[PDB]
Undergrad: 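Consider the following structure, which includes cyclothiazide.
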Amino acid sequence: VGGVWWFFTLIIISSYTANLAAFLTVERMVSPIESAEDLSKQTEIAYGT
Amino acid sequence: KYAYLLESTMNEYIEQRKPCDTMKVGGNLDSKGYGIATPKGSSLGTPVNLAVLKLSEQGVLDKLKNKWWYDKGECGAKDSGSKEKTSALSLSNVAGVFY
Amino acid sequence: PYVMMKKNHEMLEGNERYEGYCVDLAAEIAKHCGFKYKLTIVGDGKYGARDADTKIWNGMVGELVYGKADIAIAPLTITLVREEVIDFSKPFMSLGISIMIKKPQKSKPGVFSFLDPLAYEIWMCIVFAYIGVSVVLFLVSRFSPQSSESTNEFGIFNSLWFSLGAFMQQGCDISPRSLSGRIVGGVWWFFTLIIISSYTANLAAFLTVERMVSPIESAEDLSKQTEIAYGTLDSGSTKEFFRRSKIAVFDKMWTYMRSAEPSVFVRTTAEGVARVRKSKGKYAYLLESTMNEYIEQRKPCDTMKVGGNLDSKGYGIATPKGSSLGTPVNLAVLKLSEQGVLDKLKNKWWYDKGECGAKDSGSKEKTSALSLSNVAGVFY
Amino acid sequence: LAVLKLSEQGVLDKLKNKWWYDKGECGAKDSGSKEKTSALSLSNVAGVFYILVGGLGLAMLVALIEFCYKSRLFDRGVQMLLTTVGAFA
Amino acid sequence: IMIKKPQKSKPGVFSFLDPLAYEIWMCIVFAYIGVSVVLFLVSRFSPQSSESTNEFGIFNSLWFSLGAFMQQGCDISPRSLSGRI
Amino acid sequence: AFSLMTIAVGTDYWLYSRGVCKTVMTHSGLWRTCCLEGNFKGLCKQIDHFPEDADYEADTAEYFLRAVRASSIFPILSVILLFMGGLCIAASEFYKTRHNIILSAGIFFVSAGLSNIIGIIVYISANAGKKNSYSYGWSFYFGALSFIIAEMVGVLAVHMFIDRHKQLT
Ligand SMILES: NS(=O)(=O)c1cc2c(cc1Cl)N[C@H]([C@H]1C[C@H]3C=C[C@@H]1C3)NS2(=O)=O
Ligand SMILES: N[C@@H](CCC(=O)O)C(=O)O
């Protein structure tokens with residue numbers, strides 16, 4: 001039980017710490033509403049022509 | 001709180017030109033085209049019909065498009081995607097771990 | 001999908017035989033314009049580009065010059081040289097030249113992908129090193145000196161447990177106490193420092209650059225490859241578009257189309273589709289924009305569209321020059337554009353035949369959270 | 001004058017790379033355009049395996065030479081002397 | 001000048017110690033012997049339960065410091081204020 | 001463990017890869033490489049450490065790795081130490097009550113695996129450097145099993161020697 005859970009630990013931790021610098025510094029945009037169908041289902045905003 | 005609708009070559013011209021604080025989302029809801037207009041029955045209609053096809057096949061309208069939308073406005077983000085830089089951590093990056 | 005015959009085409013005859021985009025388009029024209037139509041396929045098979053000096057553009061336009069056909073509701077490029085001989089209406093689709101290539105086949109899924117940053121030989125030779133060190137650490141620790149050899153806690157099964165504890169980095173409660181036993185435990189510590197850190201460094205590498213890409217995904221990339229040859233449809237306006245080349249990268253493309261070993265041209269676009277699939281990544285084919293996205297929605301989804309359109313041309317309904325029928329047809333193109341029908345007819349034939357179902361918009365982001373399918377092996 | 005014409009439009013720039021490079025077949029210019037990540041092979045990491053078997057060779061050897069010693073620093077009055085020679089050196 | 005290509009270079013047998021230069025591997029071993037002799041000298045200062053309580057001889061202090069460097073710690077810990085520094 | 005190795009030294013299906021058979025799949029080995037799936041089939045050729053476009057000159061790393069490989073000194077030493085270990089087992093019945101030949105046996109069985117494990121590595125490391133989609137057959141898995149069986153003998157040789165001097169105790 002201890003030997004396999006150690007091998008479980010060695011994979012999950014190394015898959016965790018593989019790119020931990022980038023997931024704390026993601027710098028992505030939110031992109032709230034798009035493609036005029038989310039515009040059809042989110043009417044808090046105002047339209048204009 | 002305000003999402004404005006306009007034409008495609010306006011929205012690209014706004015977003016490329018500074019302060020560049022809007023975003024073009026989605027595609028074209030209805031596709032349409034600007035056309036050079038002449039009076040009906042004019043003698044100056046038929047070479048005009050030929051002249052646009054001259055500029056499009058030779059690549060002038062492509063060359064006119066790459067000239068004008070680059071010359072006036074350039075928001076810096078459109079060509080800054082290739083640059084990658086590294087930075088230190090901040091305490092704002094890991095603050096829930098302290099919490 | 002412009003005009004292609006029904007599945008029961010041998011049973012049916014007449015205008016009910018053919019279907020497609022233009023057949024639905026020809027129904028909507030006469031619905032608004034008020035005539036009755038009859039479909040005649042050309043015996044050529046080529047769209048009808050420039051003639052071989054004979055000047056009767058061999059194809060559709062030769063049927064339009066000869067007075068054999070009245071209108072051309074057909075995929076036909078509105079370019080300059082076709083305009084001087086026949087009339088076009090306003091365009092009903094917008095499309096450009098596009099490079100179509102093979103899939104990279106760089107997907108590579110796995111269930112045991114956690115064993116990937118080291119090879120199978122090393123994961124074998126780790127186990128051989130694990131057993132070999134564990135018995136040497138035993139054979140050292142149990143010699144002739146209650147008994148003073150009983151002071152050591154190192155049986156063989158404790159030696160199996162010590163070498164696993166050093167390799168898994170967790171450490172053990174027991175530790176060697178003799179000078180000969182600290183040599184075997186000391187070198188195995190140096191072994192598990194390099195081998196584990198080779199794993200943790202390369203597993204970071206296989207979790208940053210795991211992606212599918214094509215190396216020739218741009219216009220200038222395709223221009224510079226003599227390995228990836230490229231041709232287009234014979235007797236088409238695309239072939240005529242490179243005959244009258246202007247730009248330096250377009251002139252560079254026209255050099256390799258002349259000096260082609262062997263001849264890169266095909267008689268039909270689908271023959272060029274079949275040529276890329278037989279080439280398996282070593283040949284590219286430049287065809288239309290609306291044609292390329294229809295190839296993606298068909299079987300067996302082994303093509304991809306790389307790069308944007310080279311230009312922006314269109315297809316138009318064509319009449320011979322000076323025809324009275326064709327001026328309300330020009331209004332009929334503008335009507336089907338205004339009531340969304342040209343969108344809706346394009347919404348018809350490009351939606352229902354989406355058997356591929358990928359809708360590959362792609363994720364250009366590199367910071368992807370690990371799915372459970374990536375590391376489901378260690379849970380097993 | 002015709003050479004001075006062609007050099008200024010860049011024709012000789014256009015002619016030289018076309019005949020030297022494009023007629024040539026060596027693709028070392030775009031071989032480095034793509035880069036890959038591979039698994040570690042045993043040819044890459046074998047010196048650590050060489051130290052390990054070399055470490056096990058030393059480990060069995062010291063346990064043997066000490067054992068034959070038992071089957072069949074030191075003496076304080078001289079360890080002061082080794083300190084003096086050590087302090088001098 | 002024209003030469004034949006190097007055609008490539010294989011990574012060597014001992015290529016694992018390439019991320020650090022050979023000045024560092026000298027200075028790590030010098031830091032290894034430096035810490036091990038000090039850690040022995042700190043814990044043995046003549047206070048049997050006198051002078052024999054600590055396990056840290058010179059041969060144990062070699063084994064603690066190499067244990068602490070290879071990321072697998074050992075049983076013995078300094079258990080004194082000047083030793084734990 | 002002696003019989004598994006002496007087969008694997010003699011037999012020649014250690015490696016399955018695309019290669020030539022007279023100078024496409026091959027019955028390669030330490031000494032005699034052979035061939036299958038061809039017009040020739042079984043026309044075995046004694047392999048050579050070729051310098052023709054190997055282009056190694058005074059490469060003390062590459063020359064010594066291949067000279068050990070061309071000699072195969074580690075699998076042969078894995079035989080010689082393993083037979084002398086078996087000679088100590090035969091000399092446990094005769095010349096008995098000496099009790100140190102049982103210690104002496106377990107050294108040779110463990111060191112046969114140490115001769116085996118680095119003989120595995122100098123075979124694999126000299127191999128790569130293309131031969132895509134190579135296979136290791138089942139001759140290589142005999143020596144893999146000849147590793148593990150020889151260790152458990154060297155295990156049980158020690159555990160008998162434990163009981164020999166606990167009898168003296
Ligand atoms: N984008 S597309 O190919 O689907 C497409 C392209 C075009 C369409 C309709 C569609 Cl669906 N109609 C327009 C039409 C509207 C008016 C301007 C040009 C014609 C008359 N032409 S277009 O701009 O060539
Ligand atoms: N619709 C096109 C097909 C040929 C081509 O793409 O060049 C035409 O008739 O011009």
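Every chain is numbered from 1, with letters handed out A, B, ... down the list of sequences. Only a slice of the deposited entry appears, and the contacts counted are all within that slice. When a ligand or atom number is given, it counts from 1 through the structure's own listing order.
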Undergrad: Name each chain or ligand corresponding to cyclothiazide, including duplicates.
TA: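 It corresponds to ligand 1.
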Undergrad: State which chain has the largest number of heavy-atom pairs within 4.5 Å of cyclothiazide (ligand 1), named as in UniProt.
TA: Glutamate receptor 2
Undergrad: Within the structure, which other chains come under 4.0 Å from cyclothiazide (ligand 1) at some heavy atom?
TA: B, C
Undergrad: Segment by segment along UniProt's transmembrane list for chain C, starting at the N terminus, which ones have a heavy atom under 4.0 Å from cyclothiazide (ligand 1)?
TA: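 Of the UniProt transmembrane segments of chain C, none has a heavy atom within range.
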